[PDB]
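The following structure: dasatinib with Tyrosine-protein kinase BTK.
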Amino acid sequence: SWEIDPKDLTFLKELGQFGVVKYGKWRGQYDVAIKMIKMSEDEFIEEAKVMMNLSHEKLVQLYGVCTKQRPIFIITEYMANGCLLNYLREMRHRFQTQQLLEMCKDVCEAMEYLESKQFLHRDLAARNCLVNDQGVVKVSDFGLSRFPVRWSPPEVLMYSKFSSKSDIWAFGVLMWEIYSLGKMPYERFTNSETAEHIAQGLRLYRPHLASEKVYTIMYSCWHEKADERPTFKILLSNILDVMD
Ligand SMILES: Cc1nc(Nc2ncc(C(=O)Nc3c(C)cccc3Cl)s2)cc(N2CCN(CCO)CC2)n1
């Protein structure tokens, strides 16, 4: 039903953090990314099934799967501009602040949807987002859960207390990364000293390109008390409001 005939794929080039992925052509027309296993065959297939059951404008769009033979493939839309972190660096001289805001908005819409479906991302960060030829940012729904020190809240670092609210903290850091055009958070510190200082209440300082209004949004994501952080729904509203 989601099954694709592998005969209609043409492999064009190998493309890290997104696994074993190649650029291809589907039915001579459609640019695709084609994923193969690097995980057991069983869990790769169950990942594909998670993807079959999730759908949003800001999740990388599943086109189909090949599971009736080996090797197993997962097929999605090709995101031509690659990973967000490298894209921020590539285009750093060009961005206008409205664009930075739309990128935050894109990822925030994906996360509101995933929150609503009781999935946690668990590595929400610029390196793990993809960008299409239109500049639209999307998130992967492969490998979701139902600890990157610089993107984790204290309750995760200390207690492995993962929740919507821990993805909220990471989304704040991702906002900081976007507004800093891909700089490393807490550059001054080792991972260990980062974990240390954050529990002591260290927060990321306002990037050059973030207005006070925008900073207020990312900063709300980092409340010590998880229950004082906003939901992705509230975040999107705040982001939309600051947009006009
Ligand atoms: C690593 C990488 N991927 C790119 N595009 C992708 N589109 C969709 C991808 C993907 O992984 N789908 C997927 C699958 C298949 C299964 C489960 C889950 C998912 Cl999300 S990977 C582009 C790219 N480029 C290198 C540098 N460039 C400079 C141009 O500005 C050209 C672009 N590099």
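Counting from 1, the numbers follow the sequence of the chain as shown. Only heavy atoms go into these numbers, but all of them, side chains included; no hydrogens, no water, no symmetry mates. Numbering of ligands and ligand atoms starts at 1, following listing order.
- Lab note: nearest UniProt active-site residue of chain A to dasatinib, heavy atoms, 1 Å precision, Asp123, 12 Å.
- Nearest to atom 27 (N) of dasatinib by heavy atom, out of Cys129, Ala80, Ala48, is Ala80.
- Close contacts of dasatinib with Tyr78, meaning ligand atoms under 4.0 Å from a residue heavy atom, involve 4 (C), 5 (N), 7 (N), 22 (C), 31 (C), 32 (C).
- Residues of chain A that UniProt annotates as binding dasatinib and that have a non-hydrogen atom under 4.0 Å from dasatinib: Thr76, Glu77, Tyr78, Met79.
- Looking at dasatinib, you won't find any N or O of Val60 less than 3.5 Å from one of its N or O atoms.
- The closest approach between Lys138 and dasatinib stays at or above 4.0 Å for every heavy atom of the residue.
- Remark: distances from the non-hydrogen atoms of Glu90 to dasatinib include one below 4.0 Å.
- With a 4.0 Å cut-off on non-hydrogen atoms, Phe142 touches dasatinib through its side chain and not its backbone.
- Among the clofedanol-binding residues UniProt records for chain A, the set within 4.0 Å of dasatinib by heavy-atom distance is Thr76, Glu77, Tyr78, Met79.
- Close contacts between dasatinib and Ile74 involve ligand atoms 15 (C), 16 (C) [criterion: under 4.0 Å to a heavy atom].
- Per-residue contacts place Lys35 under 4.0 angstrom from the following atoms of dasatinib (heavy atoms of the residue considered): 14 (C), 15 (C), 16 (C), 17 (C).
- Looking at chain A, most residues touching dasatinib fall inside the UniProt domain Protein kinase.
- For the pair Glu77 and dasatinib, a heavy-atom separation below 4.0 Å is found.
- On the PDB entry, the origin listed for chain A is Homo sapiens.
- For dasatinib, the residues with any heavy atom closer than 4.0 Å are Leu15, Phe18, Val21, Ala33, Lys35, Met51, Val60, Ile74, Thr76, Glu77, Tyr78, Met79, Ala80, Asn81, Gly82, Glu90, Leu130, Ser140, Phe142.
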